[PDB]
Each structure stands twice: as C-alpha cells, then as structure tokens.
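Below is one structure; the comments refer to it alone.
In chain A, numbers come from the PDB entry; the residues present are 28-491, in order. The analysis underlying the following values was restricted to heavy atoms, covering all of them including side chains, and did not include hydrogens, waters or symmetry mates. All ligand and atom numbering here is 1-based and tracks the order in the structure.
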Amino acid sequence: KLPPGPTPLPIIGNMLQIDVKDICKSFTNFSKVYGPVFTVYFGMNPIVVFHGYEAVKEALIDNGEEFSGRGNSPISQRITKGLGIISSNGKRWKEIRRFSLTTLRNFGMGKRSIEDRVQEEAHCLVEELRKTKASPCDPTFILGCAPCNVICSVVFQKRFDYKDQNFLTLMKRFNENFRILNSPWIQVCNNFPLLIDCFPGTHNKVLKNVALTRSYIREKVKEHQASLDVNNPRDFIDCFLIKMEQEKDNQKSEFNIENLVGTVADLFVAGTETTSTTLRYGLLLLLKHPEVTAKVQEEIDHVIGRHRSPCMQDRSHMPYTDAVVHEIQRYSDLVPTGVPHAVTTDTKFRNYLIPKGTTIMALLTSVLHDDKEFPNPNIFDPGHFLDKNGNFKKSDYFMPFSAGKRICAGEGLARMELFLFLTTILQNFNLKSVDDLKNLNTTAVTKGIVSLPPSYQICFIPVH
Ligand code: HEM
Ligand SMILES: Cc1c(C)c2c(c(C)c1O)CC[C@](C)(COc1ccc(C[C@H]3SC(=O)NC3=O)cc1)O2
Ligand SMILES: CCCCCCCCCCCCCCCC(=O)O
C-alpha cells in the first residue's frame, strides 16, 4: 500500500501529468492535492515523493537506514557499474564512503591539509580574475576551474596550471557530460530506456568522455603507485593505495583499483559542477545585492584585513558572511528534488508500506523554502540565518547537501570552497554589473536535476 497519488496511465505512469522541464513545480502541485507523501509513476516506475520538513526528515533521518539506498538508474549503472560511492549500495557503499569521509577530513591525507589546497587555489583564482583587467566577462568557465582544480589537488597531488592542456580537456569533458546528463531528457530516458537508442551520438559522446577520463585517472594511479611513500600520503590516491595494501590478503575487500578509479571519478562529478554553480549563483546574488556584498567586505576587512588571505578559522568571527553563504545555498537551491534514493527493504512510513527497491525523492527545495522557517522564502536575505543580535542562526531546515545517512560526502569541502573562494574574491575585487542592476535577473533555470543561475556578465574591479 503505497502512499496516495495521481492515477497512472497504464504504460507511461503520470509522465504526461508532470512538466519534465520543472518536475519540482509538478511535485509541489501534487502535494497541494495529495499531501506530504505521495506516489507518482515515471513510466512503469513508482516514485514516492516526500515534501516538506516533517516528511523529508522523518524519511531521511528518523528512518535513515531504510532510506539510505541510492535510487538506481540504467544510465548511472552503465557508466559507474555500481562502483565507487555515488552509485553504489550496501556493504561496498558503506565501506567506500566511510573510507572517503575520513581521508577527506581537513588533515585526512598527509601533512598538507585540504584547506591549504583550497587556499592555493583561491589565490590562483583571483590572479586569473585579475587578468580579465576589470573588463566584463562571463565568469562561468574561470569560476568552474577552481572547483575542478581543488578536486585535482585533493586526488592527484598538486593542482594543474589553468593553461595546462591536460587540465582543460579533462575539464571540458566533465562540463560536457554535465550539460548533457543534466537534460530533462535523461530523466525521461532513465524510465523509458529504449529512448536511449534515439540518441546514438549523444550516447557515444558520453561513454567516450567517460572512457578518456577513467583511463587518464588510471594513468595517474600508476604514477601514484610507483612513487608511493606509505609513511606520508600526498593525496586521496595515496591513501586509497595504502588502504588497498592492507586489505591485500582479502579478495572480498572493496578497496581495489576498480572502486578507486570510480571513486575519484565520483569525486570529480560530485564536486565540480555543483560547487561551480553555487559559486556563479553566489557571485550573481552578490552582484544583484550590493548592500550585502558591502557588509561582507566590511566583515572581511575587520577580521581578515588587507594583508592576509582568508582561512577557515575566520568564518567563526564572521557571522554575516556565514549567513550569506548559507542564504546563497538556500536560495540557489542547486538540487531541488534531491538526488534519488531507494528504500533498502520493505519500509513502513506512517500508514503506508514502501516495497524494497522503490525509488524515493525527498524534496530538498520544499525544506529550503519552508515559508515558516524562512519568512519570504523566495527573496535572497542573509537575515534568514541571522538572529536579532547579528549572530549566525543555524537551521535544521538547511538541507542543500541533503540529510541522513547519505548527506553530501563533501559537505565540508563544499562549504570550505564556498567560504574561501567568495571571501578571497570579495577581498580583492569589487563586483560591477554591465547593465543596470534592476535589469539583472536571478531566477533560476530549473531544467533538469541541477538548477542553474541565469546567464550574466560581470566585471571584477580590483580594489584600492
Ligand atoms: C556546493 C556544492 C555541493 C552541493 C550543494 C552538494 C550536495 C550534494 C547532494 C544534495 C548530494 C546527494 C545526497 C543524497 O544522497 O541524498 C550529494 C552527494 C555527494 N556529494 Fe556533494 N555537493 C556539493 C559538493 C561536493 C563536493 C565538493 C564533493 C566532493 C568531495 C562532493 C561529494 C559528494 C559525494 C561523493 C556524494 C555521494 C554520497 C553517497 O552517495 O553516499 N560534493 N552532494
Ligand atoms: C559532471 C557532472 C555530471 C555528469 C552530473 C552531475 C554533476 C554535478 C556533474 O558535475 C549531476 C548529476 C548529473 C547531471 C546526472 O546524473 C548523473 C550523475 C553522475 C554520473 C556519473 C558519471 S558522468 C561521468 O562523466 N562520469 C561518471 O561516472 C552520471 C549521471 O550528472
Ligand atoms: C551509459 C550512458 C548512457 C547515456 C544516455 C543518454 C541519453 C539521453 C541523451 C539526451 C540528449 C539531449 C540532447 C538535446 C539537449 C538539448 O538541446 O536541450
């Protein structure tokens, strides 16, 4: 007995009842008719949707174990093969994530903290923006390089030089597989697999890129193997290799060259375009909101000064900027529908039974936009994370990284990259818009699984 829901048409479920261009709007509308929990069918597939804090929490958190399964999909399986962390489940998942989480702690991979890799990058970033000579530009590409390089310096050792050819194709490929796989069409194709045949070129293009990336990562892992100094790991690959060596006698062990290549790939996928997007969105919101960028730069000046690059320890003494980064994430609403889950076994939810394997969808956006927890949930306002005395006010409704057992495996890095990149930038540049601010649109183009900020141009004017 699944939760209530629209009546499905025998073969295509409720597909033609939901706008694939903005399926979140469709879901919100269904909740107005069926309530917090409801079932909809994408083709033959039943998807139970959780909408609102009470429901999302009850599911993701209170029943975390049952809801910690990754929502399967033909396209994910063909590419990842159940390998790595993003698309794995059960034991293999539990083990890889557990290892990943620890080797991604600030000092979980050697003498060089992750924070220091981010700072080196935040630095190279401003020196690039510096090169645009205050002229108007589309930050998209340049902003996307930073997050990509962070991941590079987290898994491969040192960062790449922005001009490095290897770095640029390794990036244009992820950016390519991203622009393709984030199309509403993939959602359709995932439920009606036959449709993939209607896209031979695109199909080949993806697998082609997945080939080149994987084989490249594999080249790197051999490099890391030849130079492996077990006493002091340089990066994610050294740590994983070290771990392999230990489980060596075990042929059950998930830690093998297979999961390694996948997990590194997963890291690029899971941490590049997301961060990049929130970054662009963030700069855009700061551009549109001059009064906010000002207090941030005032806080930066008052705590960090003009003779020292910001660091994570400062965030503790910068409640406003903290509220700003949280509001940026709360407004960006990067993944409105959250990433699909799947219950691990027959699961009881209130007066409903959800059969093992059923696909779950916890509407993060419904949390992030709770009109009671965040009055005027649709306006960008740091006050949403600020108390009467200007102190940061954490919220339970802050779920942009999801929640429960499967919450973003890189929340820390994500938040770190956002705080260091944004501050390091505002400390060195002022944001000027090409046109009149009123003409500046900040409404997201919520097509596909990841929302994107509208396109825009910006001038980075170095400060004096
Ligand atoms: C501002 C940027 C980012 C946001 C908003 C974000 C958020 C998310 C979300 C919503 C999920 C899905 C959670 C779920 O299963 O319900 C996720 C998963 C994941 N994220 Fe991120 N992410 C970002 C950056 C990062 C970064 C920088 C890394 C890299 C270390 C990363 C690594 C992962 C991984 C590995 C998973 C899969 C975890 C699993 O399946 O157990 N993320 N993230
Ligand atoms: C590069 C990139 C991709 C391709 C991306 C997403 C992000 C955030 C990315 O940075 C979000 C999900 C989605 C838009 C669609 O769902 C998928 C998520 C991950 C994957 C992993 C595949 S894509 C790739 O180049 N290598 C992989 O292992 C496939 C599909 O894919
Ligand atoms: C194993 C990988 C399989 C990948 C299959 C991808 C199938 C969906 C391809 C969708 C392509 C959409 C192209 C048009 C995009 C647009 O113009 O908006």
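- The drug or candidate drug modeled at ligand 2 is troglitazone.
- The chain sharing the greatest contact count with troglitazone is, according to the PDB entry, cytochrome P450 2C8.
- When chain A is restricted to the residues UniProt lists for substrate binding, the ones with a heavy atom within 4.0 Å of troglitazone turn out to be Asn204, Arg241.
- The PDB records the source of chain A as Homo sapiens.
- The heme-binding residues of chain A named by UniProt that have a heavy atom under 4.0 Å from troglitazone are zero in number.
- The residue-level binding site of troglitazone (heavy-atom cut-off 4.0 Å) is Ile106, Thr107, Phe201, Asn204, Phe205, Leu208, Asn209, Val237, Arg241, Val296, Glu300, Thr301, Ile476.
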